[PDB]
Peer 1: 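Our group is looking at a structure that contains WIN 51711; some questions.
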Amino acid sequence: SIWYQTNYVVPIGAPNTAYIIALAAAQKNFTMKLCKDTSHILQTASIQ
Amino acid sequence: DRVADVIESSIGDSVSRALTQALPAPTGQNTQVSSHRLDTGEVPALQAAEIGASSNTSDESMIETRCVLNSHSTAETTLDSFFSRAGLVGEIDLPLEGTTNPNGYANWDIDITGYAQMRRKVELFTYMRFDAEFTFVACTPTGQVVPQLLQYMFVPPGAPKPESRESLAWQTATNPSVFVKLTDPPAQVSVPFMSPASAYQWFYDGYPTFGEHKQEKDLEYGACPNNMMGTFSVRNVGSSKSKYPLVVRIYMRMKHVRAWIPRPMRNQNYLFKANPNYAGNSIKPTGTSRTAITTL
Amino acid sequence: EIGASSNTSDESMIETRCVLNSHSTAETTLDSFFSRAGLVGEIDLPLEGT
Amino acid sequence: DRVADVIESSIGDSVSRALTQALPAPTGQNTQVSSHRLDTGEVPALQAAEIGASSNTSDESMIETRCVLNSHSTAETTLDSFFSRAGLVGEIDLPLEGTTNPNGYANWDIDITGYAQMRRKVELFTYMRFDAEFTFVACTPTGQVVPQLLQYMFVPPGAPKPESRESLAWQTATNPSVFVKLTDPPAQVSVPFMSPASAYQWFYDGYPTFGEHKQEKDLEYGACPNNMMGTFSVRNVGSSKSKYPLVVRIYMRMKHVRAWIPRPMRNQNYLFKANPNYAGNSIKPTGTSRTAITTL
Amino acid sequence: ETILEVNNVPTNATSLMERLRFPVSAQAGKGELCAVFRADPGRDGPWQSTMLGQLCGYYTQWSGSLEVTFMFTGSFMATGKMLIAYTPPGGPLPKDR
Amino acid sequence: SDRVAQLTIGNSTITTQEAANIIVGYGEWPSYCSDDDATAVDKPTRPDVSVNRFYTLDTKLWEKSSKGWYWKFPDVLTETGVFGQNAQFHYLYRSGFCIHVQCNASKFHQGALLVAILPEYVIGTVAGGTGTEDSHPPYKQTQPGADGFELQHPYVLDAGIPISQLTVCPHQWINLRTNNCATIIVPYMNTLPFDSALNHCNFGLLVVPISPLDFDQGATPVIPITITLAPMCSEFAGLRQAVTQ
Amino acid sequence: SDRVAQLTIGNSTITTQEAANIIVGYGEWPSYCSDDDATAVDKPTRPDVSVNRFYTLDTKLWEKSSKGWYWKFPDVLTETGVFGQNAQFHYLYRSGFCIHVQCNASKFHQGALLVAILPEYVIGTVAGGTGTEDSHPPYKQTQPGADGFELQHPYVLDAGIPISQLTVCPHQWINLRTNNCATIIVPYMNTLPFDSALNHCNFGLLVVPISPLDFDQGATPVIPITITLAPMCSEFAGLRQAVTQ
Amino acid sequence: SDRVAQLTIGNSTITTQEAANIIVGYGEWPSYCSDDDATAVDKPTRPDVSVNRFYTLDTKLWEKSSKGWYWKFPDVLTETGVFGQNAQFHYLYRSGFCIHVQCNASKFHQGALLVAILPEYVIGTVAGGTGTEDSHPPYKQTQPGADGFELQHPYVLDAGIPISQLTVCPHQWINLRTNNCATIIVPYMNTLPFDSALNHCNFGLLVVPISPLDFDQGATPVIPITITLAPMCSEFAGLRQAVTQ
Ligand SMILES: Cc1cc(CCCCCCCOc2ccc(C3=NCCO3)cc2)on1
Ligand SMILES: Cc1cc(CCCCCCCOc2ccc(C3=NCCO3)cc2)on1
C-alpha cells in the first residue's frame, strides 16, 4: 500500500500531477521449483 | 558491559534437549537366565501408570526364565517395509455413454484419502515425507485389454487444467505426460516429495484462509494446501469418440519414507475424503463384544 | 534511469535474522526448463478427404 | 548451537556510546596568532544552524589576531560556586494575636519553590542532587533579639506532625530536633541528599497516582513525591503563650552539587509553588524593547 | 526489473500504455491512499506484466524476497514523501496510514 | 523427591505435593528455531518472560457423568496476556508448552482422568446421524479458545478414533488415590518452522474421565479441574497490525 | 554524504535527500539499564524489533498562522503497536527514541521550524488571565498522546519559559530553503532506571514555526508536517494485566 | 564524477552534464572477429576513424501524445558517411555501436523515455484488425533507416510483445527531473561472424515515452529528441561494386 507521508508539493508553474513507475524483480535468495505449464495464456484457432 | 541476564539467557538455543537415543535393534531382545528373588525394597512388578510411561518390568523379574537367543528380525517392521507396498488410491472412468466423464477425458484431483485400506495405514501417523511409484492399470470394465492409446498428464496446481479431449493443454510442453497403449504393460513412473511443507499432513487442525469462518465456509476446516498436489488428467488421444469404454486404476507405492507422531488407528467407517466425519447413529465398538467379563 | 536493477539487500531494509538457504537452483537451468517433450507437429493421413 | 541473530544482538548493552569527553578548562582558551587567508574551499564563517549545533568558527578565522595568554579562571562558574550561596527559601510566623499561627507552633511544608530568587536559579536545571546547609534566623518582626527558647524539628513524611505547642511529638525521640535561644547565633545544620530518586526534580511532567485524572485532581499534575521531603516544625518550648511575636527565616546553602539537563531561564513572574503557571493577560517580553530595529 | 502494471485498470486499447504508471498529485488532506496491490507474483494482477510473474507461470512453487523499485517521474521542482508498506499475511488491506 | 514439584517460568510458580513425575512430549525439550530450519528472513521477537509464563486459563467441574473436554492449543492463549498480543500482531508464531492440569479431592474420593496431547487434533461431525450429510464442525467447536469444549462422543474423540489408543500420545493420568495433577511439556510440532497462531492449532489437550468420579454423599461434591499452561521459547515474526482471526 | 540519509530499525526504513545531519541528545546513545543502576529484581522483556521501530504517528498542517505544536513522549506511543501493549501490561518502562520529523516544500516556499526535545516538559496555565486563579492543565493537555496539542502562547512555551532559549535542548531546525526533516536521537532521561510509561512523560517534542511559512499564491498551499519516531532499547518489567492509565 | 561525461570517437566528441552512467549491452565491449570465429577468408577492411565516429542522425519532437519511435540499426547508418559506403560496397559487415540518445528540458518540465536495444527486432502487423488477414510490414516499416518510424501499438511494440518487459534488454531511461541523455554501448550480436548490413538488422533502438511529457503553458513546448550513434570496431569484407539494397 502506498500512502502520502507528507504531500506532493510543487511551485507555481509546474504540473500539479505526475506519475510513478514501478519496476519489480526477485532478490538473490529467490528460487523456483517443480515446473509446470503457464496457465495465463493459451491461444485459440490453431496457428495458420 | 552487558547485563548478565542477557549473557546467560539461553534464549536462542536451536538444538533440542533429546532425552532419548536410537539404538540398533536388528533382532528381538534375547532373554537371559533369571533365578528366584525373595527380597524387600525391589518391586519390578509394581508400577504407576499415572506417570504416563509403559511398564518397564522384564520377563526375568516376573518368573524364573531360561536363556533364549532371539535372532528374529525386525526388518519387516520398518516404515519402508510397512508402506512400500503398492495399493489402490484412485479410480477413473472414461465411459462411452454416461454422465460421469463422456467427451473422452477426466480430471482426478490427486488425493489418496479416497480408499479405506491405504488411507487407514497412513492415517496411523500425523506427518509423512516420501517419494512414490505411481502405476496406472487401464482396461475396459470387463477387464479386457484393448488397442487404445491414452495420455496421462500431471497438472501441478496453477497449470491449465484440460477442458476437453482436444484441449490445448495436451500439448504438455512443460508438464510431464505419459503416452501408453492399454496393450502395453501398466505405465509406472517415479514421483518425488513435492510440497512446500517438509511433510504431507494427514490431519491439519486449522483453516487455510484467515477470514470470518462462517457457516458456509466450514467446508475449509482441515483443508491444508500443502497436500493438494494438483490434478492427474487423462484422455484417449484423438479427436473422435473413444470407441471403447475405459477405466484407469491408480496404484501408489511409497518409498524413502519418514513418518512422525503416531495416532490412534481409525475406529469408525470412513465417510468423506479429508474429513474425519463418522456416522453418529452407527458408532460401533472398536472390536468384538461378549456377554460377560467372566466368560469367553 | 541508469538501467540497472536495484542492488538493495534485504538486510539493509529491515533487521534480518540468519537463514541458511539450501534451496536448489537446478530446476531453473535451460536444460531443466527446455528438456521436456512437447507437441510441435501433427500430420493427418485420412482415407477420404482433401 | 545458537541462532546468530542472538549472538550479535547487542541487546543488553548497559554502557552509553558517549561521543563527547570532559576536558580540563581551568582558564579561558588563549588566542593564537592568525594571519590573512585568501583561499577557496575553506569557509569557517559559513555555518548551517539547522543541524542544531553552535558555530565552531574561531576568532582567528574571522580576523588577523594577535596572541593572548588567557589565564582568567573558570572556577567561579562551577555548580558549587554558583549554588553554594545561602539564600532565603522559607519564612515562618509565630505571632501572638492572629489567624496565621497562634497557639505557638507552625508546620512549614519543606518546599524551596516559595521564593523567586533561589527558585529561578535552580529551575535552570531539570535535575539536581546535593547536600545542604540550613540556617535558621529567628527574631521578632521588628528585628529585635529576644530571650526566647525555640525547638525546630524535622518531620520526615510519615512521622507524627505536631498538632499543638504541647504535642507529644515534641519528645522527638527519633526525629532530629534543635533547641535554640533567639539570643544564640542563628542555628545552622547539615542535611544530606535524602530522596528515593537519584536527584531532586524541579519539573515532573506527569502524575503520581494512576487514577482517572479528572478535573478536580488536575491539582496533582507535576506533583512528584520524590521531592516532598516532609515538614519542618517549630514551637516555642513551653506550655504557655509565647509572650513575644516571632519570625523564623530559613536559609539554604547547597553543597556537593550535581545538576542535569539545563532549561530556559524563567520568563514570566512566578505565581504558585510547584506549578509553572503564568499570568495569561500579563505576558511580558523576555526583556526590554525599542522603537525600531534601526535605532538604539 | 520489469515494469509492474500497478495501475492495471484501463482497457481502452488506446489507454493501455496508461497501466505502466500510476499518478501521484498534490493532495490536501493527510495520509491519503495512493495505490494498492498484492505482493503475490504468480497471482493474476499487476505482476503479470513483469518478466518475473511470467517466468513464475512456468513453475509450481517459489521462494525468496522480492523488490519493487518505484521511480518518480515528476518535475525536478516537485518534492514529496511517500510511505510504501508491505503487509504480511493475515493483515487485511490497511484502512489508513 | 518425585511426588513433590515446583514449576517456575516468568513470574509464576506452580506447586504440587502429589505429582506423578513430568512427561516430556516425544522426549524433546522446546527449542528455538534453527538458523537452517527457518525461512522467514526477518529477525524475530522473543519476548521471553512476558510471554513464557503460567496462564491459568480455566476451571471445569468434574461430575459423575462428565464426558470429557478438550482445548485446542496455539489458540487457547490468544486474547490473553502479552502472549496473545504478539500472536495477533505477528503473522508467524512458534513455541512449546508446559501444561499443568490440576484437580484434587480427598483420600475418600475416587476417579481417573486421562490427560493427553494429541497433535493436529482435527474434529469431526456425526454427519447428521445417518452419515449421509457432509456436515462440518463450526469455528466455535474447532477453536473454542479458553473455556475449551466438551466432547460428545469421547469413545471416538469426536473424530472416529479410539480413545483407548490415545495413550500413544504424550499423556499422563490423574488418579485421585495417587496424584492431583498432570504435567506435560510439549515441543513445537508442525511441518513448518513457524505458522499462524490464528488459523492453525498444533495440537489439542484432552482431559477425559475414564474411571468415573464417585464418592459417598456428604463429601464436598464440587471437584474442579483447572488448566494452567505456559508457552516456552515463544518466537514471533511477520509484524503488521493486530489481527483477531 | 551528509544531506542524504537512511534510518533503519525493526522492519522500517526512513529515507531523506535533504537532511541536516543527526543530533544525538546530550551526546549519548540510548543504552540498556546497568546491572547496578537498576533496582527492580524481576528479569525484564526486551521485545527488540517488535517495539524498536518507526511509528509514523501523525500529520499536522503548517499554515501562515500556525503557532506550533508539541507531543509528550513516553505517552504518544501507547495504544499504538506492540510497544503500546508492553507499556500497558508492564508497570516499568525504559527506552530511548529516534525522532524524525519531516516536512517538505518547493524551492519557492520558505519558512523555518524549530524542532526540540524538552525533558520533563511540565505544562502551565494562563492562571485565569488575571493570574489570581490557580488553574491546572487537563489530562487532555498534559498527555495528548498522538495528535499532539497546539501551543497557545509559544513565546513562553505555555509554561512561562522563553522559547528563545529552547535551543539549549537537543534541537534541530527545518529551514525549507535548506532541508526537509529533523532527526534527533534521545537517550532515556529520568532520575530513575525505569518509570511508568503511563503517568510519566520523560520529555516533550516541540515543533514551532519561528520564521513563518510563506509563498506566492498558486503554489501548493498544503504543507504538512509528519512525526515519525522509533523507541530504542525498550525494556519492560513489572508484569500484570493491561492498564490504560 | 558520474553525471558528467564525454564520449570521443573518430573526430567527434559528445558532451553531457546530466548523464546517468553508461550501459554496456549484455556486459560486453565491442570486439573484432576472432581468427577462429570467422569463415570468410578474404582479409577485411577496418576503416577505423573514418567510420567509427558519431553520426547525429535525426531529431524527433516529443509531444504530450507521442507514442514512441524505433530505428532498426545496421541499416540506419547506410547512405550516410564513409560507413554507409563500406556497407554498400562490401557484402559482409560487422560492428558494435555506441548509442547516445539526447533530450533535454527545464527543471519545470517532466516526463520519462524508455531507451532500449532490442536485438532481432522483428516487426508485426495488426493482421487486418480481425486477425484473419496475413498482412506483412513493408520495406518502409521494417527498415526505415534514419528518420526512424513511429510505433502504432507501443504496448505490444507492434510485435505482440509486452513493452512492460522490454527492460530485459540493454536499456536506460531519460527522466527529465533526473537526466537528459541515454548512452548504451552495444556489441556485435548475431549468430554469424559477419552478415549483410543491407538485408539484416541486428537490433532495433526503441525510444518510448512511458510517463508522458507535461508542463504548464508558457514553457518552451518544443522538446526534441536527437539520436546520435557511433559504430565501433567496424569490419568489412566481400568487396564488389556498390549495392543499395
Ligand atoms: C507422469 C505422471 C505422474 C502423475 C501423478 C503424480 C502424483 C504425485 C502425487 C503425490 C501425492 O502426495 C499426496 C500427499 C497427500 C495427499 C492427501 N490427500 C488428502 C490430504 O492428504 C494426497 C497425495 O501423473 N502423471
Ligand atoms: C535539624 C533540622 C533540619 C531541618 C530541615 C531539613 C530540610 C532538608 C530539606 C531538603 C530539601 O530538598 C528539596 C528538594 C526539592 C524541593 C522542591 N520543592 C518544590 C518541588 O521541589 C524542596 C526541597 O529541620 N530541622
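Here is the naming used below: chain letters follow the sequence lines, and residue numbers restart at 1 for every chain. Hydrogens, waters and symmetry mates play no part in the numbers below; they use all other heavy atoms, side chains included. Excerpt of entry shown; contacts counted in excerpt. Both counts, for ligands and for their atoms, begin at 1 and track the order of listing. Per the header: X-ray crystallography, 3.2 Å.
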Peer 1: Where in this structure can WIN 51711 be found, counting every copy?
Peer 2: ligands 1 and 2
Peer 1: Which chain forms the largest contact interface with WIN 51711 (ligand 1) when counted as heavy-atom pairs under 4.5 Å, and how does the PDB entry name it?
Peer 2: VP1
Peer 1: Name the other chains in heavy-atom contact with WIN 51711 (ligand 1) below 4.0 Å.
Peer 2: B
Peer 1: So, at a heavy-atom cut-off of 4.0 Å, what does the binding site of WIN 51711 (ligand 1) look like in terms of residues?
Peer 2: B:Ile110, B:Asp111, B:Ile112, B:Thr113, B:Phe134, B:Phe154, B:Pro176, B:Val178, B:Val189, B:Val191, B:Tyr200, B:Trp202, B:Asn227, B:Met229, B:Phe232
